[PDB]
Amino acid sequence: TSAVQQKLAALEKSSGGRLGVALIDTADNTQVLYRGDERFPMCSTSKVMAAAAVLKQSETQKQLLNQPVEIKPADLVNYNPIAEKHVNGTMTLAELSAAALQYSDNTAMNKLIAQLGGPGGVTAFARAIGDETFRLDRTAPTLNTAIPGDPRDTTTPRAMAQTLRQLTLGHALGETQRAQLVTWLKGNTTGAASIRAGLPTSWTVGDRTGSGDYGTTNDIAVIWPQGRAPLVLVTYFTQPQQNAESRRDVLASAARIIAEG
Ligand SMILES: *C(=O)[C@@H](NC(=O)[C@H](N)c1ccccc1)[C@@H]1N[C@@H](C(=O)O)C(C)(C)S1
């Protein structure tokens, strides 16, 4: 095991939880993995797959992103910071995708899922781009139960890192779609204390966070250092106590360790 893996193992030991990390350095397509093949609950990081699946649809339905979607009182769930502003009005699928990706809006996630025909349509898009690991089984917010050992709504760090690379830096999407996903991710507002907090602050970052029960605290990021090929970093973390507190600092610390090596 490398020096970076020993430092990640020590961070994990210090934290009392279970840490999964996958880095892809696209300059060499080298990988750094820590529990990279173990399953973790994705929580809201699954929003990237859902938004990208709608973007993939928009390659054929050219005006799909401007299609209005009604926001109704029954659509509201546990956390709806943007959609609650539009109850009994409408939001476009673009406005819903931005709400999901930039504010972690769970109503917006559910509208994306509905546009895809259910959670099976999100998983289908994962399989269509070569991700055999991702599975989405539930809508928001029950996809965040993060129960230890439950295979529902999980992926592995290695698989999520590979998928995030193909969506944002590869060509799993069309050029306008991929650029739109990059813009949305760069504009995320919920990640300041997660991967972003452990990285040199002249690196541009796009990321999507997630949180759930068992103190599950997740972040997935595409990172553009200046003068270097970009990297993809996935950091997943979960804890033994059902009511455990969020630990965004562990994700920052993992990113910092990765950025060193
Ligand atoms: C996705 O992770 C979403 N999580 C939830 O709705 C959870 N039920 C939850 C966990 C902890 C606190 C509140 C809700 C949304 N994304 C989260 C995130 O980006 O970390 C969230 C906490 C903003 S809600």
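Chain A uses the PDB entry numbers throughout; the residues present, in order, are 26-57, 59-238, 240-252, 254-289. Just so you know, these numbers use all the heavy atoms, side chains as well, and skip hydrogens, waters and symmetry mates. All ligand and atom numbering here is 1-based and tracks the order in the structure.
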request  = Report the name of the drug found at ligand 1, as recorded in the PDB.
outcome  = ampicillin (open form)
message = Can you peek at the structure and tell me the main thing ampicillin (open form) is bound to, named as in the PDB entry?
response = Beta-lactamase
ask   = What part of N245, side chain from CB on, backbone N/CA/C/O, both or neither, has a heavy atom under 4.0 Å from ampicillin (open form)?
value = neither
Covalent tether of ampicillin (open form), if any = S70 OG
inquiry  = Can you report which non-hydrogen protein atom sits closest to atom 3 (C) of ampicillin (open form), along with the distance?
reply    = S70 OG, 2.4 Å
ask   = When only distance counts, is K73 in polar contact with ampicillin (open form), meaning an N/O pair under 3.5 Å?
value = no
query = Taking non-hydrogen atoms only, is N104 closer than 4.0 angstrom to ampicillin (open form) via side chain, backbone, both or neither?
reply = side chain
request  = Among all protein heavy atoms, pick out the one at the shortest distance from atom 6 (O) of ampicillin (open form); state its residue, atom name and that distance to 0.1 Å.
outcome  = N132 ND2, 2.7 Å
message = So what's the source organism for chain A in this PDB entry?
response = Escherichia coli
task = Just let me know how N170 lines up against ampicillin (open form), side chain, backbone, both or neither, with a heavy-atom cut-off below 4.0 Å.
result = side chain
query = So between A172, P107, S237, whose heavy atom ends up nearest atom 11 (C) of ampicillin (open form)?
reply = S237
query = Which residues are in the binding site of ampicillin (open form), using 4.0 Å as the heavy-atom cut-off?
reply = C69, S70, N104, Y105, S130, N132, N170, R234, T235, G236, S237, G238
